[PDB]
Amino acid sequence: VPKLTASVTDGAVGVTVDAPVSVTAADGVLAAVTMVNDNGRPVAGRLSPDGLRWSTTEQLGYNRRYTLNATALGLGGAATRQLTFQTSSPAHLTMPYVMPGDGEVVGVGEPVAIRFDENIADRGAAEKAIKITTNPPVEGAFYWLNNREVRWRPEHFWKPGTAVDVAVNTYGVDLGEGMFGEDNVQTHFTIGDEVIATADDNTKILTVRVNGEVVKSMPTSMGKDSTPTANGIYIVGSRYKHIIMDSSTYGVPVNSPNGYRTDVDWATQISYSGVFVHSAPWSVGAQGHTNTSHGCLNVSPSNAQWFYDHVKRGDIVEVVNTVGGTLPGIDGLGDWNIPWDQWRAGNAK
Ligand SMILES: *C(=O)[C@@H]([C@@H]1N=C(C(=O)O)[C@@H](S[C@@H]2CN[C@H](C(=O)N(C)C)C2)[C@@H]1C)[C@@H](C)O
């Protein structure tokens, strides 16, 4: 008689739904295989052309009891078998979100970012549920920025032309304290040209290199000694054609000495802390000579629009020789300031 094997055991509980359920027959073929819930609704499944193996084709649900019926037929006759199991019952669910967006072309400094809408109690599980593929292949590693967002990057800036595939396979995974993934998330992106801009406080020149060659110099005026621009490696973020900056947000009333409601053009964000490269017509005389800002890299209106036009998310701004300290590794765009050994060793525990 034929032999039936399944990837689940009869009477099992807490069966995780991160995996398909499969049925195999030896010494015969599968005539039929059905799987239903406790309202007798069938789960989508597929039987191989050779009749040897069947598998479910759609996500199983949480809190469900499934009944599997299978019948195989061979030379020695027929065999019919049945089992029931129950799936995980989460305490909570969390949903993941991943940047950069799918399809995007990004700069050589862009990390893979996966953000959850709940605190992750088992970072180790989360990391293992995330599969990142790279071509040309390159070693990278996970580091957590806070309790909800993990980052991934190589030791050195990405090589242009690298395809990155990210499969966040969290559905059915116990992420700790009864917390399970709400769904999977998939994304794909590509690394473009190496663009690295360097602001040297010694010279007050912001020089932009594309694949190693200067294509632009910009006189700049960085943060004054009271509020200096931090040295470090910054990752380019969002850009805006026009933006305001209110001191009303952060407590300071606009009708106060240090208050400021300021219309700003051509702003390219390079740190979560609020450092921008932007249009500063009112500082043009100081640019290339004196620092005058609150930290932002002030450039001329046409130098700011050039930057907004030719610089992309993930490109790099390196700041050097100023009187500030270093940008925090965990700023949000400060990832490269954490030494590799510390980054690679991670903080999953
Ligand atoms: C660029 O100069 C823009 C930003 N304005 C700033 C400001 O005047 O405060 C700074 S950020 C500043 C640093 N910490 C403060 C804060 O919110 N915390 C205490 C955490 C705000 C920034 C470069 C433009 C608005 O001036």
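When a residue number appears, it is its place in the shown sequence, counting from 1. Indexing begins at 1, ligand by ligand and atom by atom, following the structure's order. Structure method, as recorded: X-ray crystallography, 2.3 Å. Worth knowing before you read on, the calculation uses all heavy atoms, side chains too, and leaves out hydrogens, waters and symmetry mates.
- For ligand 1, the recorded drug is meropenem (bound form).
- The chain forming the most contacts with meropenem (bound form) in this entry appears in UniProt as L,D-transpeptidase 2.
- The residue-level binding site of meropenem (bound form) (heavy-atom cut-off 4.0 Å) is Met245, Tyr250, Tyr260, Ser273, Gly274, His294, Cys296.
- Contact annotation for atom 18 (N) of meropenem (bound form): protein absent (non-hydrogen atoms, distance under 4.0 Å).
- Closest to atom 3 (C) of meropenem (bound form) among all protein heavy atoms lies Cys296 SG, 2.8 Å.
- The UniProt domain of chain A holding most residues in contact with meropenem (bound form) is L,D-TPase catalytic.
- Atom 14 (N) of meropenem (bound form) is not flagged as protein-proximal [any protein heavy atom, distance under 4.0 Å].
- In terms of polar-atom proximity, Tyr260 is counted as a contact of meropenem (bound form), with an N or O under 3.5 Å from an N or O of the ligand.
- Residue, atom and distance of the protein heavy atom nearest to atom 10 (C) of meropenem (bound form) are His294 O, 4.0 Å.
- Put simply, atom 7 (C) of meropenem (bound form) has protein non-hydrogen atoms near it, under 4.0 Å away.
- Of all atoms in meropenem (bound form), listed by their number and element, those nearer than 4.0 Å to a heavy atom of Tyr250 are 7 (C), 8 (O), 9 (O).
- Per UniProt, the substrate-binding residues of chain A include some within 4.0 Å of meropenem (bound form) by heavy atom, namely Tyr260, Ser273, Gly274.
- At the shortest separation from atom 4 (C) of meropenem (bound form) among protein heavy atoms lies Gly274 O, 3.8 Å.
- Covalent attachment: meropenem (bound form) to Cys296 SG.
- With respect to atom 11 (S) of meropenem (bound form), the closest heavy atom belonging to the protein is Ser273 O, 4.0 Å.
- Distances from atom 22 (C) of meropenem (bound form) to the protein include at least one heavy-atom value under 4.0 Å.
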N/O to N/O under 3.5 Å, meropenem (bound form) against protein:
from: meropenem (bound form); atom 1: 2 (O); to: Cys296; atom 2: N; distance (Å): 3.4
from: meropenem (bound form); atom 1: 5 (N); to: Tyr260; atom 2: OH; distance (Å): 2.9
from: meropenem (bound form); atom 1: 8 (O); to: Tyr260; atom 2: OH; distance (Å): 3.2

